[PDB]
Amino acid sequence: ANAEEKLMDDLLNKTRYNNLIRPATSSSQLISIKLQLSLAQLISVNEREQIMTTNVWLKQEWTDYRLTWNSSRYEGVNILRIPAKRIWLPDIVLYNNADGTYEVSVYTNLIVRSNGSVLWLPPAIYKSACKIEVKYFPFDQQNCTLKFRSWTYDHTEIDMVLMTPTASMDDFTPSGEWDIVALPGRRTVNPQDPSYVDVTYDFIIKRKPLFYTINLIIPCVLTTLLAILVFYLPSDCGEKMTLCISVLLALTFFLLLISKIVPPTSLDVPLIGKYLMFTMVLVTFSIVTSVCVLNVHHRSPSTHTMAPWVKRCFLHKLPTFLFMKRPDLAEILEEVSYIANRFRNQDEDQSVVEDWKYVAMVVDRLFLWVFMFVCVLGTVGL
Amino acid sequence: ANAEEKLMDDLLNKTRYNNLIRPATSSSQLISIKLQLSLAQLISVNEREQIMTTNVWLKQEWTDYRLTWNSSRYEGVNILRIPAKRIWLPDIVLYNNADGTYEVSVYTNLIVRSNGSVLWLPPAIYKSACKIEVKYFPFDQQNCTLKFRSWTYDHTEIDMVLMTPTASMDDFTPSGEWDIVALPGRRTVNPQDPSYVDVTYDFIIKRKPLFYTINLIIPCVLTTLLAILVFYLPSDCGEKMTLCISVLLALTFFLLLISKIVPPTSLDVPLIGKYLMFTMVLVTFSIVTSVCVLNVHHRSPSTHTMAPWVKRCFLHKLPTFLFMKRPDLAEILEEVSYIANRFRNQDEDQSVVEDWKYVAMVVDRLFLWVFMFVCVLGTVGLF
Amino acid sequence: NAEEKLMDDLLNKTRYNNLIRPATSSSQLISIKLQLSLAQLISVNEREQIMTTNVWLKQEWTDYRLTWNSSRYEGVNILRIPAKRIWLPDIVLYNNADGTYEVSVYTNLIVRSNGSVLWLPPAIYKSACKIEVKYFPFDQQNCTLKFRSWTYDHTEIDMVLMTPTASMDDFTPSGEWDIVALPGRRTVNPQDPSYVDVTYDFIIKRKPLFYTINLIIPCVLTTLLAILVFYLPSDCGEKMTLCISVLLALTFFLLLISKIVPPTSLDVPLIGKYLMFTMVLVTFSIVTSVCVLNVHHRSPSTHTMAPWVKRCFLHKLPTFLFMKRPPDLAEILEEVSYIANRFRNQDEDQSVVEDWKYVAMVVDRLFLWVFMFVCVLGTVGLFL
Amino acid sequence: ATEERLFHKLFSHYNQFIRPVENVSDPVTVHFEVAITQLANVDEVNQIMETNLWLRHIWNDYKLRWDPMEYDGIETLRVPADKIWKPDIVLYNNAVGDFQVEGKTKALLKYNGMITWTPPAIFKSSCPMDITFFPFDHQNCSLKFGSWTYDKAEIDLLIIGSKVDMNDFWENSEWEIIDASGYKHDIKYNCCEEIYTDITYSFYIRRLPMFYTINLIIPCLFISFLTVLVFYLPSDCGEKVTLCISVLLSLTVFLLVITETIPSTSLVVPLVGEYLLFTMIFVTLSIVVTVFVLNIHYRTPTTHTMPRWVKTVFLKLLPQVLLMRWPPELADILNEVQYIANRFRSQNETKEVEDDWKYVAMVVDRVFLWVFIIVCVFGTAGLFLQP
Amino acid sequence: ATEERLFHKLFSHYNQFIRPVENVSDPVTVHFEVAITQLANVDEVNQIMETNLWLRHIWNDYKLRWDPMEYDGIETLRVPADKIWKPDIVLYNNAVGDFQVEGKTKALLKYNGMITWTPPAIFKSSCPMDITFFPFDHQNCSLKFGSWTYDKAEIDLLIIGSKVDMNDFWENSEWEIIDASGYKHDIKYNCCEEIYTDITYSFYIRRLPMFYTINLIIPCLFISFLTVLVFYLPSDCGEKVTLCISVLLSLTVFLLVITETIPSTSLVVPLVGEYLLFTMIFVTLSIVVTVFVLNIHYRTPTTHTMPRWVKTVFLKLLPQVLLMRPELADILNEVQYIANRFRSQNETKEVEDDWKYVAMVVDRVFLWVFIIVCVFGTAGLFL
Ligand SMILES: *[C@@H]1O[C@H](CO)[C@@H](O[C@@H]2O[C@H](CO)[C@@H](O[C@@H]3O[C@H](CO)[C@@H](O)[C@H](O)[C@@H]3O)[C@H](O)[C@H]2NC(C)=O)[C@H](O)[C@H]1NC(C)=O
Ligand SMILES: *[C@@H]1O[C@H](CO)[C@@H](O[C@@H]2O[C@H](CO)[C@@H](O[C@@H]3O[C@H](CO)[C@@H](O)[C@H](O)[C@@H]3O)[C@H](O)[C@H]2NC(C)=O)[C@H](O)[C@H]1NC(C)=O
Ligand SMILES: *[C@@H]1O[C@H](CO)[C@@H](O[C@@H]2O[C@H](CO)[C@@H](O[C@@H]3O[C@H](CO)[C@@H](O)[C@H](O)[C@@H]3O)[C@H](O)[C@H]2NC(C)=O)[C@H](O)[C@H]1NC(C)=O
Ligand SMILES: CN1CCC[C@H]1c1cccnc1
């Protein structure tokens with residue numbers, strides 16, 4: 001009949017281990033439970049849903065008194081392994097579960113020693129909820145907590161305490177996107193409430209930007225740099241409007257990509273997002289100015305007339321400021337003079353057209369410096 | 001002990017009430033199971049998945065005989081609530097569930113009188129499967145059903161009857177998307193096999209068009225109306241190909257939108273889906289004729305020659321159909337004569353060039369009527 | 001209570017153990033008769049190679065402990081004991097892709113005084129299948145369902161087939177597949193004397209209605225549109241839009257097709273091979289259009305026309321292509337002579353420009369036939 | 001063990017199928033109160049709100065009581081909830097799954113029979129959505145609680161306080177809760193005969209617009225204001241339809257997105273889904289004008305003739321109100337020269353007509369520019385007047 | 001019958017919590033074996049592997065034994081697994097879900113006491129991945145098994161053979177298995193003392209390059225070919241911007257797709273990402289150059305004046321390297337003026353024609369650079 005059989009009988013038999021009574025010799029004795037967390041693998045961190053998945057080993061070690069025996073009558077066995085369904089448990093569970101299930105499944109054995117010590121280390125995979133800060137999206141460091149509190153009990157019955165100030169990580173399989181900085185833990189008890197005891201561990205994780213710094217930022221920088229080339233195209237080519245609209249769409253493509261990674265923001269817009277709106281506003285201003293320049297270029301003396309102030313401010317003052325500079329003989333005579341006069345008139349109106357074109361060219365260069373200087377000040381700010 | 005406590009013990013323990021035996025006395029005895037389904041909330045109707053979600057109440061009410069007592073021996077008690085899983089129940093379940101949910105919902109209390117007339121009113125939310133017809137997409141009308149049948153027993157054992165020929169609308173919260181016309185209920189029994197009885201409740205629901213006739217119908221018509229403007233461009237702007245392809249792409253967008261709310265079909269397609277295909281085919285033919293017109297426009301006598309047939313059939317006859325009306329002196333003389341002759345030849349060549357410009361306009365105007373008549377004729381055919 | 005007493009006798013007094021095979025001898029196999037009934041066909045998703053279906057499996061065996069003397073208790077002939085009270089053969093599916101290794105819901109059992117037992121539980125299965133997508137619109141499939149016992153072997157179980165077909169009487173007609181056959185076979189391997197199972201080879205033929213008007217006609221329309229570029233003039237300025245738009249439409253079509261059907265390294269759909277050909281031809285069209293546009297714009301002040309170019313593109317090629325080739329007096333004299341000479345030089349330059357333009361036109365026409373013949377030659381192995 | 005003896009004595013003869021009332025025909029009082037922990041999400045496409053709550057029941061009992069003196073001063077026990085009678089309070093307006101709440105937390109007996117039960121519960125209720133002003137909206141969703149089988153003469157439901165207990169709330173990021181009041185009513189249903197009581201708790205969440213303004217409304221204003229730019233482009237530029245097509249495609253995409261972010265209810269018209277329809281209508285009407293004004297620019301004296309009704313309207317009258325006021329041998333040599341002069345004169349005469357056609361096109365463009373600016377400035381102050 | 005009596009006697013007195021050893025200081029040998037059925041899904045973005053297996057636990061008891069000379073020679077029995085002692089073997093690297101596996105399947109005993117439990121299982125394990133050569137890659141994924149409570153002094157695992165059984169395997173269309181060896185380790189942890197045994201099975205797989213060499217590589221090569229053409233188009237065509245910007249947009253779309261296809265690991269840089277970044281940078285450079293040649297093309301003596309070093313380099317040395325190579329007085333006063341106007345026009349036209357040749361030389365210089373560098377970069381970087 002072995003010896004373990006008599007041990008388990010005398011433990012969970014006629015002595016009638018009740019399984020639902022808190023172990024307490026007196027009416028005021030408090031059961032002290034010592035906790036210790038061992039991180040094993042940081043599975044993933046989801047910014048869109050703000051849910052972190054972890055693989056942790058939580059060890060709980062209280063001290064019972066009904067499970068004790070003399071290690072001489074029952075051969076020489078002093079360590080047992082009782083299933084976690086016939087022994088009282090403190091019922092310590094996670095209090096910030098993402099889905100909202102304050103329940104756990106018990107199938108792992110205990111380890112009961114001879115003097116009453118009880119060790120329980122159940123495997124668990126947790127999906128907690130934590131705040132995600134995305135001010136600097138590629139280079140960010142997060143702070144996500146784990147909160148462990150009792151479920152069926154409160155204070156004046158249990159004394160949840162910390163074994164080690166940190167959470168030992170001596171099983172870690174290193175991740176590929178996040179780096180562990182520190183894992184401290186603290187025990188909070190509210191003096192304004194005699195029925196509140198808490199133990200919490202918080203994870204500080206720093207990202208490793210190499211994938212995003214290559215698949216983003218740099219293409220955005222190139223597309224932004226492409227936005228200043230429109231102010232250099234000639235008006236006769238007739239592709240200015242083709243260039244402006246295409247740049248806006250390309251910037252739209254990147255904005256959709258970024259907004260599908262960060263969660264719906266409330267007040268902390270990422271710094272890589274505020275840049276794109278500024279660039280889009282500048283590009284829209286560029287489109288409007290390009291339309292105005294195109295209208296100015298296509299002018300003729302038969303439809304428009306140049307005001308005297310235009311030829312004084314836009315032709316002789318501004319260009320110096322932008323560093324730029326520029327019997328039948330009677331009938332025969334009548335007809336040839338008519339031809340000469342027609343040629344002179346054609347030359348005059350052609351010269352006026354050239355003046356209009358140069359005025360448009362001068363106007364175009366003015367906005368190239370404004371765009372350059374207003375762009376650098378916007379980048380300096382944010 | 002309390003009166004209910006004593007009544008429950010002396011009813012469920014002294015007689016050893018076993019909830020496995022049918023309460024019928026005769027071997028070939030039928031137990032009528034009256035039904036009455038009351039709607040409470042029409043949650044949603046799914047198009048792609050063809051599943052409908054509702055909130056309904058059943059009112060199964062048979063008449064057991066073993067659960068009877070006197071209203072004087074056990075105090076003045078006449079109604080006694082008992083847990084559901086303690087009395088025999090005819091397992092009536094939804095027989096066309098979307099998935100393998102051939103079960104019931106949570107078990108509430110039963111109401112048992114001194115007469116034995118049990119009353120069961122369990123709350124349940126059903127996701128049944130119904131066929132969807134999308135012919136008149138914004139103005140369609142669906143007929144989704146709910147089939148209730150026995151789970152363990154069959155005929156010659158139960159006799160499911162209908163208490164009223166109408167599903168009541170007690171505690172109904174009106175919807176905002178789907179209307180309701182009628183809720184008929186019928187009893188079906190197979191004449192050949194006398195072991196098949198079922199009760200089916202038919203839901204007739206009619207849509208309320210104000211969200212789709214503003215966001216899909218009007219924009220589609222507006223985009224379709226842009227397919228004619230290609231034939232009014234002057235053909236000299238260099239922008240005769242940026243319009244037709246753009247219209248094609250916009251119609252592609254609008255067709256994409258429609259192909260999502262429509263289930264994968266093999267028997268019927270919405271009339272809008274037939275209109276968009278017609279418009280797209282017309283746009284493709286417009287692209288072809290625009291290319292041909294552009295080729296006709298750019299011609300000159302130094303590369304091509306005009307046959308008499310086109311000259312006399314596209315400049316006189318056809319335009320009238322469409323109402324479209326149209327010795328130093330010796331050397332000096334030699335040089336001036338050369339200049340004049342060159343000017344004359346240039347003028348003649350330019351005049352010949354301008355003839356090829358008119359035939360392009362005539363051809364473009366001719367295809368304006370062809371595409372306008374076909375589209376109008378095609379629209380009549382659909383509706 | 002006679003029926004209640006009869007139920008009590010056969011389950012408690014006789015001690016009907018639920019874990020004992022109803023065999024009298026040491027080698028008496030339990031003969032199981034299996035009959036599969038079809039209800040409906042749901043999905044044949046080819047992206048993950050699974051099929052969903054709903055069936056009822058009818059089984060019938062015999063017991064010797066489940067017999068009672070009729071006309072002795074009350075005259076009853078049929079009982080309705082629940083399923084989990086009588087020994088069951090545990091017939092399950094051995095090719096499911098979800099781990100579903102049993103029936104859906106355990107219904108009630110029907111047992112007669114003869115000892116026979118009839119069980120008809122409804123089950124929902126997601127079987128695995130191989131998809132041969134090479135004629136994607138007109139494709140015929142063959143998927144199998146394997147039924148085996150995961151508790152007993154041919155030494156104590158003798159599964160047999162009732163009829164060599166599946167029962168289809170409540171079969172709700174499918175909307176996008178058509179049944180052609182439903183055979184059933186029992187396989188016994190002589191090498192392994194403990195292997196018995198039955199298999200129902202589903203055979204389904206597709207109905208090409210959705211994927212013949214909304215998928216193929218637009219494709220051939222775009223392929224026929226891809227040739228129009230060779231007919232546009234070089235002065236219009238809209239030659240580089242049509243080709244790019246056609247290429248991007250073809251690419252989108254290819255992506256959508258690859259999303260609908262996952263072409264793996266076992267077979268490529270015949271519609272997935274034609275789009276590659278069309279895209280390659282369109283790219284070559286873009287290249288030759290760039291070449292012809294460069295040839296068209298060639299002034300005599302930047303380029304020189306070699307005699308071989310003339311003799312090959314203005315005397316020889318247009319024949320086969322069926323084209324056609326359509327005091328103060330002295331000072332006054334000096335000025336007019338200068339004007340005349342300037343005009344003559346301008347005329348010569350314009351003539352050379354016209355020659356270059358006609359050479360570009362001739363080059364444009366030649367590739368119209370080459371792309372038309374290669375399209376015909378290609379569309380005999382990639383589509384036939 | 002004193003506690004074991006008390007537990008054995010209390011539950012020696014007990015059944016949970018009987019009401020805890022002592023004398024028959026008397027109602028057992030039940031005090032009810034909920035408390036919110038976290039509002040997960042408020043779906044708008046399906047009109048479903050999911051919430052995490054903590055129900056609290058405090059009812060009475062008569063047979064679960066004992067004298068503390070007879071024992072070791074015990075005034076509190078913890079029994080499983082599956083061994084005592086509990087009222088059945090359900091959520092009437094469920095949307096998915098089952099109706100019964102998740103109850104497994106142990107009860108809390110007192111020495112005078114005062115049971116307390118606080119089980120967790122996850123609810124997915126359904127409430128209609130109001131999209132009259134899609135941004136800056138105020139939703140009003142309610143939760144209904146009541147006993148399914150016990151009537152008003154049996155369970156006699158009561159309420160504690162008047163507000164949902166918000167003390168452990170985890171604050172969200174998109175919605176703000178400003179009112180969580182609750183009231184009690186009595187109903188008589190048609191299928192029943194007696195009166196039945198309810199307790200309804202209604203939330204008054206308010207949206208926080210940061211995501212649906214800078215990413216939805218602000219980019220739309222640029223497209224809306226970029227439609228008028230077409231009428232300032234010159235006709236000779238050669239890019240007068242690219243702008244119109246781009247604007248139309250952008251508006252189409254915007255319509256598609258807003259349609260696939262909003263419920264399909266058809267009781268009221270949103271103030272953005274109609275504004276964007278109006279903008280699309282006037283964008284479509286803008287392309288028609290451009291084609292009809294690009295055609296008048298390329299007319300020539302040898303293809304079209306200008307009628308007098310156009311000359312007296314589009315050239316002299318309209319431009320004034322637009323502040324665009326209108327701005328042997330010798331014989332043969334003579335024969336030859338006269339020909340050249342006449343050719344030049346004819347060329348000039350044709351050029352005059354061409355210039356007149358161009359000016360007419362410009363006047364039409366300016367008129368439509370003014371009309372479109374005037375209308376579009378009004379538009380915004382209307383469809384987007386009170387959002 | 002005799003079977004019922006044998007079952008009753010065998011399982012009348014059985015402690016299912018006691019180790020089946022007879023001496024407390026003795027290990028219980030447990031054999032382990034793994035058989036795979038199918039390879040369902042290999043997730044790359046989430047780095048999760050899903051498989052269906054047939055675990056095989058076989059050990060020996062000491063009290064569930066009998067002799068087949070009394071009970072009619074019965075040598076085998078079947079009992080549900082819920083009434084016997086079974087060792088706890090769990091998957092250490094479970095990604096999602098719980099760790100419990102099975103227990104419905106009944107164990108098979110013998111007259112010696114040997115149990116042959118064989119429960120089905122489905123596991124979702126974690127597997128880090130390397131995406132260096134993404135289209136042509138080999139992945140190494142492993143499963144870790146071991147006892148969670150008993151150490152090497154109670155339960156000592158033993159491995160059967162060295163490979164996963166593949167007798168019943170359904171071949172995967174995308175992945176092919178190469179090696180499936182397994183090994184045993186004796187590891188000691190830092191949380192708790194004592195040594196613990198484990199058995200790990202490693203699956204070696206190789207992708208089949210047909211889906212990603214067709215839908216991704218081929219269009220990428222086509223687009224990377226299309227970019228060099230913009231240096232052969234004439235500047236008078238007016239369609240260079242369309243071509244280059246189309247190429248850029250296509251590359252951007254490809255970038256987005258590739259980003260949302262492969263996992264975001266920051267250890268090594270994938271080859272595809274490097275090639276795409278290089279191609280995008282080169283395409284961006286080409287657009288910048290295109291604007292400058294167009295600006296140079298449209299330059300006139302009225303606006304810009306040609307320097308000398310421009311004439312010294314271009315048109316002189318660079319093209320050689322790239323192998324490009326009474327009333328009479330008034331009549332005179334009237335006719336002359338005309339000739340002087342013509343001479344001035346000719347000079348202006350010549351000066352204009354000088355600017356057009358510079359734009360041709362610059363475009364030819366950048367044609368050779370792109371072909372020289374792009375062909376070598378693609379050949380070298382992509383191996
Ligand atoms: C047994 O005794 C009762 C005592 O009244 C008999 O009355 C019937 O009881 C049913 C309950 O099953 C009640 O039905 C009622 O019908 C009215 C009219 O439709 C409805 O407004 C009520 O809400 C309720 O459903 C009602 O008290 C009465 N039925 C009728 C038609 O008057 C009962 O008939 C006796 N049973 C037998 C088998 O004799
Ligand atoms: C033991 O008794 C049962 C009845 O208690 C008998 O089995 C079958 O019983 C009914 C009585 O008419 C018959 O079933 C038949 O099923 C076929 C299925 O296709 C159907 O087509 C027939 O119309 C009929 O309904 C059948 O006569 C009878 N079976 C036989 C072989 O006679 C039978 O006496 C015994 N069963 C066995 C398995 O030995
Ligand atoms: C919608 O929001 C409003 C307030 O934010 C609430 O609806 C109404 O709230 C008032 C309370 O201010 C209710 O009046 C109450 O009625 C009881 C009935 O016995 C009476 O004692 C008092 O007059 C008391 O003020 C009113 O009934 C209620 N009406 C409705 C239709 O709800 C509530 O928070 C939200 N309601 C819904 C359905 O969303
Ligand atoms: C009070 N309930 C509300 C819905 C049905 C009604 C009711 C009445 C009697 C028995 N069960 C339910």
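So that the names make sense, note that chain A is the first sequence line, chain B the second, and so on, each numbered from 1. Header entry for method reads electron microscopy, 3.3 Å. Remember, it's 1-based here, ligands and their atoms both numbered in the order they're listed.
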Drug listed at ligand 4: (S)-(-)-nicotine
Of all chains in the model, which has more heavy-atom pairs under 4.5 Å to (S)-(-)-nicotine than the rest, named as the PDB entry has it? Neuronal acetylcholine receptor subunit alpha-6
Give the letters of all other chains with a heavy atom closer than 4.0 Å to (S)-(-)-nicotine. B, D
Any chance you could list the binding-site residues for (S)-(-)-nicotine? Cut-off is 4.0 Å, heavy atoms. B:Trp57, B:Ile111, B:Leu121, D:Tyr92, D:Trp148, D:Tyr196
I'd love to know the name the PDB entry uses for chain B. Neuronal acetylcholine receptor subunit beta-4,Soluble cytochrome b562
TM segments of chain D by UniProt number, heavy atom under 4.0 Å of (S)-(-)-nicotine: none
